[PDB]
Structures are given as structure tokens and as C-alpha cells.
K.L.:
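Notebook entry - examining structure containing saquinavir.
Chain identifiers are assigned alphabetically from A in the order in which the sequence lines are presented. Per the PDB entry, chain A residues shown: 101-199, in order. To match the PDB entry, the residue numbers of chain B are left as they are there, and the shown ones run 1-99. Method on record in the header is X-ray crystallography, 1.2 Å. Every number for a ligand or one of its atoms is a count from 1 in the order of the listing. Quick note: numbers below take in every heavy atom, side chains included, and nothing from hydrogens, waters or symmetry partners.
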Number of protein chains: 2
Amino acid sequence: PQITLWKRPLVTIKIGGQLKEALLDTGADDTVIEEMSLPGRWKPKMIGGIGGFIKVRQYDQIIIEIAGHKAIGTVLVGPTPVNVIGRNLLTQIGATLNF
Amino acid sequence: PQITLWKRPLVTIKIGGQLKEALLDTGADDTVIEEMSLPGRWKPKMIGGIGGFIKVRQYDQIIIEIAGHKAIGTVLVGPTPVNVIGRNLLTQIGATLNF
Ligand SMILES: CC(C)(C)NC(=O)[C@@H]1C[C@@H]2CCCC[C@@H]2CN1C[C@@H](O)[C@H](Cc1ccccc1)NC(=O)[C@H](CC(N)=O)NC(=O)c1ccc2ccccc2n1
Ligand SMILES: [Cl-]
Ligand SMILES: [Cl-]
Ligand SMILES: [Cl-]
Ligand code: NA
Ligand code: NA
């Protein structure tokens, strides 16, 4: 699709058999999702956003569908008011910004 | 242009007479620029994201040239580590996400 930006670019994602809404975010290096169980071990990570840094749980090689496109990659889990799909997975679904 | 997302989507902007680099950020509602003076009236605002909130100055009707394309709108000025071009101005240059 071609998504305009008059509204937030929110799409459905599927992770763990569950549907969630998430933001397609060209400004995010990483993908950050609300607290949720994921399989396997996690590693520590600090990420910085507009208000400061937070600690998150880094899970690698997680299967996630994004707007019907399959990705398998790193998902950070931590406190965020919005689930964010960052460039690590936007590249896997072939997303570009155009004007 | 078509901008791939392997790297941060940084472009040159001109604002307040000044050339700067900024991030094309589909996950930002607002345009947030590093501390600088702008002409006219402003009012305080709090904006948030991961990590919490910051206090900003809101200037309305500010012109910014973004990768050669003029846009006008509200620009927030405050303690951001990165200049962010958010949706309020990305719409004005006709930017879309495509996959
Ligand atoms: C996700 C993460 C990997 C941590 N990356 C980032 O956060 C980088 C950090 C960079 C340096 C600091 C300044 C911002 C830039 C760009 N951001 C990406 C950037 O796209 C970031 C992603 C985001 C969206 C929504 C909610 C939280 C987080 N957007 C934002 O921070 C913008 C700022 C704004 N305009 O007010 N926030 C929002 O647009 C926004 C939307 C809904 C909300 C609901 C409740 C609470 C807060 C909400 N904030
Ligand atoms: Cl990844
Ligand atoms: Cl505006
Ligand atoms: Cl349009
Ligand atoms: Na894993
Ligand atoms: Na003004």
C-alpha cells in the first residue's frame, strides 16, 4: 500500500497468535512493543526516546506479521504507550518513504 | 525521491535562516527542533514519547524547507537530541510510506 500521513500510520500486527496495533515509524531504529510474553531468552538494552532512556527486554528472531507481511527479527519489550515498528522490521517488509 | 530505510532518513532542512539536518519521522505527530530562536509568539507545551515528556515552545506558522520542499506549520522547540520532522509537515510535502 501507499499510506498518507494525515493520520497516524497504524497497522495491525500479529505476534504470538495475537493481533495488536502498531505504528510504522521511520524515525525509530528499533521496534518496541508493550509488555507481553515472548519465547526464549532476552538480553538487556537501553533505548532513548524523546523523554529519556528506558530499559527494555531484547528478544531476537521473533516472528511478527506486519500489515500482512512477514518479518522475523528483533523485538524490544518495554513500557511504551504505542507499539512502534522501526526500521529494523520496516526494511524486512520493503517499506520506503516517498515524496 | 524514494528513501530506503536501511539508514536513518536524514535530510537537509532550512529553518529560521539556518541549514540543519533532520529526521523524516512518520511516528511523530509533531515537528520538534533542537533549541534555537524563532520569530513571533509562542506558548508552552508538553509532548511525550518513550521515556516520558519534555517541555517545548510551540511556534505556529513557521516555514521550513525540507529537502527542497517548502512547508508551513507548527514547530516545537526544545530539548530534543535530534531534529524531527513529524507528520504535520510530512503531509505538506506529499510524503507517503510505501510497501
Ligand atoms: C522508539 C524508539 C526506538 C525509542 N525511538 C524513538 O522514540 C526515536 C527517538 C529519537 C530521539 C529523541 C527525539 C525523538 C526521536 C525519534 N523517535 C521516534 C519517534 O517516531 C517517536 C516514536 C514514538 C511514537 C509514539 C509513542 C512513543 C514513541 N515519536 C515520538 O516520540 C512522538 C513525539 C511527539 N510528536 O510528540 N510521539 C508521538 O507522536 C506520540 C503519539 C501518541 C502518544 C500517546 C501517548 C503518549 C505519547 C504519545 N506520543
Ligand atoms: Cl532485526
Ligand atoms: Cl501544523
Ligand atoms: Cl495527500
Ligand atoms: Na529469541
Ligand atoms: Na507564529
K.L.:
Across the whole structure, where does one find saquinavir?
P.N.:
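That would be ligand 1.
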K.L.:
What is saquinavir bound to here, taking the chain with most contacts and naming it as the PDB entry does?
P.N.:
protease
K.L.:
Which chains, by letter, have non-hydrogen atoms under 4.0 Å from some atom of saquinavir?
P.N.:
A, B
K.L.:
Pick whichever of A:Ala128, A:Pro181, A:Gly152, B:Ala28 has a heavy atom sitting closest to atom 44 (C) of saquinavir.
P.N.:
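Comparing heavy atoms across A:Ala128, A:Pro181, A:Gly152, B:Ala28, the nearest one to atom 44 (C) of saquinavir lies in A:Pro181.
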K.L.:
Kindly confirm or rule out an N or O of A:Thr180 lying under 3.5 angstrom from an N or O of saquinavir.
P.N.:
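Looking only at distances, the answer is no, because the N/O contact criterion of under 3.5 Å is not met.
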K.L.:
I'd like to check which saquinavir atoms, numbered from 1 as shown, lie under 4.0 Å from a non-hydrogen atom of B:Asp30.
P.N.:
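By the 4.0 Å cutoff, the relevant atoms are 34 (C), 35 (N), 36 (O).
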K.L.:
Is there a polar contact between saquinavir and A:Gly149, counting only N or O atoms under 3.5 Å apart?
P.N.:
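N/O-N/O distance below 3.5 Å does not exist for this pair.
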K.L.:
Work out whether the distance between some heavy atom of B:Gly86 and some atom of saquinavir is less than 4.0 Å.
P.N.:
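Checking saquinavir against B:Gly86, which is what was asked, there is no heavy-atom contact under 4.0 Å.
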K.L.:
May I ask you to list the atoms of saquinavir that are less than 4.0 angstrom from any heavy atom of A:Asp125?
P.N.:
18 (C), 19 (C), 20 (O), 21 (C), 22 (C)
K.L.:
Check the entry and give the organism for chain B.
P.N.:
Human immunodeficiency virus 1
K.L.:
State which residues lie within 4.0 Å of saquinavir, judged on heavy atoms.
P.N.:
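At that heavy-atom cut-off, the site is A:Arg108, A:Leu123, A:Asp125, A:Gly127, A:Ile147, A:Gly148, A:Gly149, A:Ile150, A:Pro181, A:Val182, B:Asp25, B:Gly27, B:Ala28, B:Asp29, B:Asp30, B:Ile47, B:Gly48, B:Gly49, B:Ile50, B:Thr80, B:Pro81, B:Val84.
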